[PDB]
Amino acid sequence: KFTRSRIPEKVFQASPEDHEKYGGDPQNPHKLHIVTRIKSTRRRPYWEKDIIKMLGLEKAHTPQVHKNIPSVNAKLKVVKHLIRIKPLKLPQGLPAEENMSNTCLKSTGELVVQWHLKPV
Amino acid sequence: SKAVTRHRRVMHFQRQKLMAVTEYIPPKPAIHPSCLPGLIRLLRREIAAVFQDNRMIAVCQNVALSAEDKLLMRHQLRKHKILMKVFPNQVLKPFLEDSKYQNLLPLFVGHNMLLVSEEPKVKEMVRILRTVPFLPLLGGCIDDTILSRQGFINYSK
Amino acid sequence: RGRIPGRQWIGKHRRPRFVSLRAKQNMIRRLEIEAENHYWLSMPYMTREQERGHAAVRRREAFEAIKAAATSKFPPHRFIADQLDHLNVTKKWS
Amino acid sequence: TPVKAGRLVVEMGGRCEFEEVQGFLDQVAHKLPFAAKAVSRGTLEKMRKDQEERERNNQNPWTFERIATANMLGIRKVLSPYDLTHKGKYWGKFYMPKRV
Amino acid sequence: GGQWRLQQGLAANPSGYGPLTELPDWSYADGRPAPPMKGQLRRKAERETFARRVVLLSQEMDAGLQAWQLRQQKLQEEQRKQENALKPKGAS
RNA sequence: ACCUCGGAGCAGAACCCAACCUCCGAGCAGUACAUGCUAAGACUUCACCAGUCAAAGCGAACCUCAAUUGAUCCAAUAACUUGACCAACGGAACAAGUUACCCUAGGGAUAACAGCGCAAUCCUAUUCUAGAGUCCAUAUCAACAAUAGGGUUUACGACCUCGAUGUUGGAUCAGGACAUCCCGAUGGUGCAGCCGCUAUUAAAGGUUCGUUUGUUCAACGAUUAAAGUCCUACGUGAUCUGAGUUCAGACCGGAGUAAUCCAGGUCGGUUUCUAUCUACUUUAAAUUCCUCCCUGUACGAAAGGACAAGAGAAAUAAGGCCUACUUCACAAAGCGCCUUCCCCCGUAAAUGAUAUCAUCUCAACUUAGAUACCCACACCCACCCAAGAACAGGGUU
RNA sequence: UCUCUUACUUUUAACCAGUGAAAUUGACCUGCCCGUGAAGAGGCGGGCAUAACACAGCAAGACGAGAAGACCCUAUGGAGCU
RNA sequence: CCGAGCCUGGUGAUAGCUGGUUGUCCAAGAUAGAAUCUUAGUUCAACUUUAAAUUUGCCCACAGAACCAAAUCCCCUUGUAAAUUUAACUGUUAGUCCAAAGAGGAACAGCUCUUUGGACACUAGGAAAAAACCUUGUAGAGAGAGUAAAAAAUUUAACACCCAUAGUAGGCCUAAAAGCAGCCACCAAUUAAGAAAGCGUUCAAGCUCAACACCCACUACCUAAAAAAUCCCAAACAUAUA
RNA sequence: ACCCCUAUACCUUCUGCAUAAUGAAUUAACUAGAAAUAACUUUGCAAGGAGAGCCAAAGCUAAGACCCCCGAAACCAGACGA
Ligand SMILES: C[NH+](C)c1cc(NC(=O)CNC(C)(C)C)c(O)c2c1C[C@H]1C[C@H]3[C@H]([NH+](C)C)C(O)=C(C(N)=O)C(=O)[C@@]3(O)C(O)=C1C2=O
Ligand SMILES: [Mg+2]
Ligand SMILES: [Mg+2]
Ligand SMILES: [Mg+2]
Ligand SMILES: [Mg+2]
Ligand SMILES: [Mg+2]
Ligand SMILES: [Mg+2]
Ligand SMILES: [Mg+2]
Ligand SMILES: [Mg+2]
Ligand SMILES: [Mg+2]
Ligand SMILES: [Mg+2]
Ligand SMILES: [Mg+2]
Ligand SMILES: [Mg+2]
Ligand SMILES: [Mg+2]
Ligand SMILES: [Mg+2]
Ligand SMILES: [Mg+2]
Ligand SMILES: [Mg+2]
Ligand SMILES: [Mg+2]
Ligand SMILES: [Mg+2]
Ligand SMILES: [Mg+2]
Ligand SMILES: [Mg+2]
Ligand SMILES: [Mg+2]
Ligand SMILES: [Mg+2]
Ligand SMILES: [Mg+2]
Ligand SMILES: [Mg+2]
Ligand SMILES: [Mg+2]
Ligand SMILES: [Mg+2]
Ligand SMILES: [Mg+2]
Ligand SMILES: [Mg+2]
Ligand SMILES: [Mg+2]
Ligand SMILES: [Mg+2]
Ligand SMILES: [Mg+2]
Ligand SMILES: [Mg+2]
Ligand SMILES: [Mg+2]
Ligand SMILES: [Mg+2]
Ligand SMILES: [Mg+2]
Ligand SMILES: [Mg+2]
Ligand SMILES: [Mg+2]
Ligand SMILES: [Mg+2]
Ligand SMILES: [Mg+2]
Ligand SMILES: [Mg+2]
Ligand SMILES: [Mg+2]
Ligand SMILES: [Mg+2]
Ligand SMILES: [Mg+2]
Ligand SMILES: [Mg+2]
Ligand SMILES: [Mg+2]
Ligand SMILES: [Mg+2]
Ligand SMILES: [Mg+2]
Ligand SMILES: [Mg+2]
Ligand SMILES: [Mg+2]
Ligand SMILES: [Mg+2]
Ligand SMILES: [Mg+2]
Ligand SMILES: [Mg+2]
């Protein structure tokens with residue numbers, strides 16, 4: 001019979017070769033996740049539809065920021081087949097109140113605080 | 001249908017795609033390693049015996065000779081006391097090559113036969129040979145001198 | 001000449017389907033995406049004990065706002081200007 | 001009598017070798033209702049270490065076991081719970097020896 | 001050419017976040033800037049909303065971490081305050 | 001056969017969970033006589049009804065069991081209480097058969113025909129080599145078993161159709177497959193010859209007439225070169241038949257109290273359609289037997305007894321035509337006469353490499369290995385015609 | 001009757017003139033093969049075919065027309081009979 | 001149109017059954033079950049709709065749930081925004097395929113019966129047409145763009161050469177069992193041959209295989225079908241940088 | 001205008017209809033949702049409301065807003081018919 005899936009804990013135990021392939025640093029983890037929906041909830045269980053609504057990923061290809069906390073990661077682990085998780089990177093730091101109107105997320109996953117629309 | 005059928009059941013297409021994607025891929029060598037790069041001691045004692053004893057050694061090509069004929073020829077040479085030693089070439093040739101009567105080397109190809117004896121009773125050997133025309137008396141070497149067939153005949157009369 | 005018995009893709013005897021290359025390249029692509037998801041969910045910033053209560057005020061206050069709306073339902077005000085304005089459906093020039 | 005894949009049906013021994021027994025044992029195996037092969041101790045060990053060598057030598061990043069146990073792409077929606085332990089080598093009563 | 005554009009960081013759709021979609025379409029011929037376009041106004045509002053969520057989740061987590069710290073130091077304070085109030089006598 | 005209640009599995013771990021699913025039981029018994037009274041909080045058989053547990057308190061003392069059951073009204077009784085195998089067990093207070101003499105409303109939600117799915121049954125092929133075949137698995141036949149197909153039967157299912165998809169045989173006209181009955185070509189033989197058996201290839205052509213049965217089939221008579229197996233809505237009833245079968249009448253035996261019935265027999269019993277659309281309505285290469293000769297030759301101990309090559313003589317089919325017969329009579333016909341022309345592939349050999357022999361070769365290679373019809377075209381009013389439904393066509397010197 | 005059917009006459013028929021119905025009809029610009037599909041296709045897929053339009057003939061199909069199946073099942077629908 | 005005439009009336013008989021049911025536009029919305037002369041219906045529940053009131057509802061973590069597998073229950077965080085209750089009702093209560101766990105049947109069915117979950121009775125793209133498989137869902141205009149699913153691959157069977165005398169017709173056993181019907185032993189001579197592995201003899205006799213020699217060297221790919229009925233079925237193509 | 005590309009009439013019925021399931025030639029006219037108990041909304045007045053009767057521990061008075069059409073075989077009464 002078709003049920004929910006308990007994913008073994010080993011899958012989320014990462015290897016050093018995994019680190020060099022996807023450069024991320026085990027010490028100093030990244031804080032915020034850019035999650036985008038890249039597959040449908042049709043032809044899928046109702047509980048996976050409920051999690052996509054809870055995570056706010058009802059529209060496909062629209063990026064959402066979430067916390068890299070153990071509770072959110074548990075939900076993203078029931079919908080990991082219908083999404084893409086990238087780390088949110090911050091080159092020039094966190095936006096300020098004088099800078100909140102000139103931000104852009106970019107496909108690299110990098111919230112830049114100064115968008116100018118001018119060649120470098 | 002039930003999970004266990006008498007026939008191979010048709011899978012779901014996603015399971016088919018899963019099987020195709022998870023097929024086994026063998027390791028491929030880069031430069032193809034195909035393209036990349038006993039009784040002989042006893043027999044050595046016996047050849048050392050036929051060469052460090054009997055003074056007369058005679059090589060004859062081992063012609064087919066049906067059993068009765070092989071046996072009869074042997075009893076006659078036994079009378080004049082001559083031994084019919086049939087020893088393999090793959091042990092015999094390199095021994096000749098390093099034990100110095102190496103001029104018998106281009107002679108021991110094909111089927112061969114050693115007629116040896118301390119007594120050089122070559123005349124009786126000859127009488128026999130000529131009774132059987134299809135036998136050569138290839139050659140040999142008496143008193144450590146390499147001789148041809150005609151030399152054997154000369155040192156016979 | 002070749003008819004599949006019954007309906008083609010259901011039943012005991014189906015029309016056989018085979019996997020092309022692009023079908024496999026599509027499945028392989030979705031597999032690499034899911035593996036990168038497995039890694040970025042392998043380094044939790046916080047621990048459960050460290051996040052035990054860090055959002056309680058925001059969540060409680062949001063539910064208090066929802067209660068505020070669902071409690072503040074009531075019929076709208078009525079106006080004598082709205083009632084007396086209907087008299088203008090007979091406003092002639094002269 | 002129910003027989004599963006990997007069970008010895010008959011065993012023979014004595015002052016004989018595998019060729020001698022292998023002739024009529026392959027005959028009987030062929031007439032058996034499932035797939036069956038005449039095997040020796042050495043050939044059984046060689047088959048098992050060949051399967052282990054193939055599993056270790058596989059150059060495909062994607063295995064049935066990995067995808068199934070991780071529910072990669074939501075594939076448990078087309079799989080069976082017994083496939084988590086069968087690992088794609090068994091499909092009903094049929095064993096597939098070429099799967100790793 | 002979506003994968004190539006992603007490899008250069010320039011979105012995947014050329015109608016996404018670049019100058020070709022975000023610069024003004026026109027201006028008055030004398031040179032006055034045109035009023036802002038409606039889609040660009042909606043995009044800037046949504047980008048503000050995203051950035052404001054980035055600041056909040058960071059500062060909610062960055063506040064929860066220090067709260068956990070300031071709780072464990074109090075627990076270790078009430079574990080290190082172990083002075084025996086009266087003095088041992090008896091078989092000593 | 002079952003219909004209510006309980007335990008176990010299916011239903012492995014909170015609950016729940018179906019089948020004319022697999023098993024086992026119940027329709028009580030025993031004790032007590034506070035088996036009194038009362039009252040928080042709960043459970044609950046997926047609703048309701050009904051069912052279950054219970055602290056504290058008053059009063060005393062100092063229930064086992066799994067199911068072991070039955071509502072309302074009404075009846076009985078002074079009262080407390082007590083009444084259904086109401087077992088179709090949520091129970092109508094009390095009502096059976098039969099209908100082909102039948103009727104109505106519906107149903108392809110559901111059977112009979114046909115189609116479709118399926119292949120248990122049925123049929124075929126291969127693999128395996130026990131066994132039979134004097135000996136010898138493999139000339140021939142073949143067990144236990146395995147692998148595949150086929151879709152002719154009997155079934156199973158209930159998916160189209162019950163505001164109709166008419167039926168068994170037969171007639172007529174047949175289209176197709178080949179798993180070949182005959183005619184062709186070939187390989188094996190437990191092939192001397194004549195006959196056979198068996199396998200490969202072949203679907204151009206052909207595949208009889210009768211007695212009985214309604215009959216498919218079957219038996220029998222006489223033939224034949226042979227008297228194929230199937231599919232086609234068990235091909236084909238707006239082409240036919242109606243013996244059977246399938247309404248109303250009747251008889252025999254049987255069943256039933258009878259009405260009436262029998263998956264038994266028997267006699268009788270209305271077969272409509274003026275064609276709108278689709279499609280179709282003249283596409284010249286024939287097969288087979290027999291006789292003589294080869295020849296009493298080959299072959300064979302004999303008895304028996306060929307194949308080629310050659311000549312004729314028919315039969316059928318296709319096309320045509322009246323000279324004479326015959327039906328007849330300016331003509332149409334057959335019972336009469338005339339004509340009728342290619343191959344066909346399974347294999348068997350030579351040379352010769354891979355693999356310096358050999359080897360027919362998914363090696364390069366060599367050999368066995370159509371013509372004829374038709375064909376010009378505003379003389380046309382009209383007349384004639386061997387031309388013709390009309391129209392067209394031929395002739396009119 | 002049939003082997004085995006042929007000939008002629010009359011009716012019908014066809015053409016001309018007069019008169020002039022009926023069932024039927026969602027709309028049709030209404031082809032063949034294989035496949036598909038509510039499981040048997042003019043209309044769907046792949047192929048093929050294909051200027052237009054009368055008259056005569058035919059009955060393979062339009063699950064052809066007719067008759068809200070006579071058979072079977074159902075209905076807390078009828079009726080006759082015992 | 002007599003299994004019971006016809007006409008009028010009661011009569012607008014009754015019909016859990018078929019058929020029918022008339023302007024525009026938006027929105028929410030798919031069915032666990034129990035009773036029932038009931039299963040072609042109804043009533044209650046559930047689900048669905050509207051309006052009100054209030055506070056939590058879903059997802060979830062340690063701890064926790066019995067003796068004789070996948071999972072669930074419970075559940076704070078957290079991510080979210082729903083839930084319960086009150087009032088008022090209708091309609092649905094004749095279900096199909098796919099994946100999975102089972103059951104019945106033939107480990108038959110487009111078969112039947114449950115359960116968990118899809119999808120369909122809603123849109124669009126794909127899988128030839130196409131319900132139920134895959135991609136994808138919230139609607140308009142555009143002669144812009146990036147994508148999603150998405151196109152079947154396979155072709156098989158050559159295998160040596162050369163040689164062979166003999167203790168004995170080992171014994172027993174037998175009519176005879178001579179390497180070879182069966183039994184016991186399995187030595188032994190030659191450079192090198194089993195008291196013989198297969199074949200063949202009534203038994204004999206025979207010819208192969210294992211052994212000599214010989215020599216380049218055992219060359220050694222370890223695999224395997226075919227059938228039906230109107231007419232095969234896209235046309236084609238091995239070689240220009242994913 | 002055609003040619004090119006795309007596109008399986010409608011209604012009913014159903015698990016599911018291009019269906020070869022139902023109905024329909026077409027035009028014009030005719031031809032099918034009736035009301036209570038409550039609830040809700042909006043006025044009036046308010047411990048009372050209503051033009052006797054009745055309700056009332058915020059009610060009472062008034063209004064608005066919701067419940068189809070055709071069809072049997074039958075049964076009975078009285079006449080009319082040999
Ligand atoms: C055609 N015939 C053989 C027939 C057959 C059946 N049915 C069967 O026998 C069963 N057939 C099945 C099983 C359904 C395939 C039949 O059922 C009938 C009939 C005949 C009819 C005659 C009817 C007729 N009317 C309607 C024109 C008539 O004039 C009379 C009459 N007596 O006046 C009838 O009897 C008649 O109505 C009638 O009863 C018939 C059938 O019942
Ligand atoms: Mg089909
Ligand atoms: Mg087998
Ligand atoms: Mg309850
Ligand atoms: Mg107590
Ligand atoms: Mg009952
Ligand atoms: Mg009951
Ligand atoms: Mg009768
Ligand atoms: Mg049906
Ligand atoms: Mg049938
Ligand atoms: Mg035998
Ligand atoms: Mg069946
Ligand atoms: Mg059914
Ligand atoms: Mg019918
Ligand atoms: Mg009809
Ligand atoms: Mg054939
Ligand atoms: Mg028929
Ligand atoms: Mg017909
Ligand atoms: Mg007729
Ligand atoms: Mg009748
Ligand atoms: Mg009569
Ligand atoms: Mg037509
Ligand atoms: Mg002749
Ligand atoms: Mg040669
Ligand atoms: Mg006229
Ligand atoms: Mg009609
Ligand atoms: Mg369709
Ligand atoms: Mg068709
Ligand atoms: Mg049609
Ligand atoms: Mg016509
Ligand atoms: Mg009809
Ligand atoms: Mg009817
Ligand atoms: Mg009727
Ligand atoms: Mg009823
Ligand atoms: Mg009744
Ligand atoms: Mg009645
Ligand atoms: Mg009358
Ligand atoms: Mg009525
Ligand atoms: Mg909606
Ligand atoms: Mg009852
Ligand atoms: Mg009932
Ligand atoms: Mg009913
Ligand atoms: Mg959208
Ligand atoms: Mg309508
Ligand atoms: Mg139906
Ligand atoms: Mg149909
Ligand atoms: Mg229709
Ligand atoms: Mg239909
Ligand atoms: Mg009909
Ligand atoms: Mg109907
Ligand atoms: Mg009108
Ligand atoms: Mg009555
Ligand atoms: Mg009278």
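Chain letters run A, B, ... following the sequence lines, proteins first and then strands; every chain starts at 1. Method reported for this entry: electron microscopy, 2.9 Å. Displayed portion only: the contact tally does not extend beyond what is shown. Each ligand, and each atom within it, is numbered from 1 in the order the structure gives.
Located at ligand 1, the drug is listed as tigecycline. For tigecycline, the chief contact partner in this model is given in the PDB entry as 16S rRNA. The chains other than those of the drug that have a heavy atom under 4.0 Å from tigecycline are F, G.
Less than 4.0 Å from tigecycline, one finds the following other ligands and ions: ligand 20 (magnesium ion). Source organism of RNA chain F, per the entry: Homo sapiens. Residues touching tigecycline within 4.0 Å, heavy atoms only: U246(F), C247(F), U270(F), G69(G), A70(G), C71(G).
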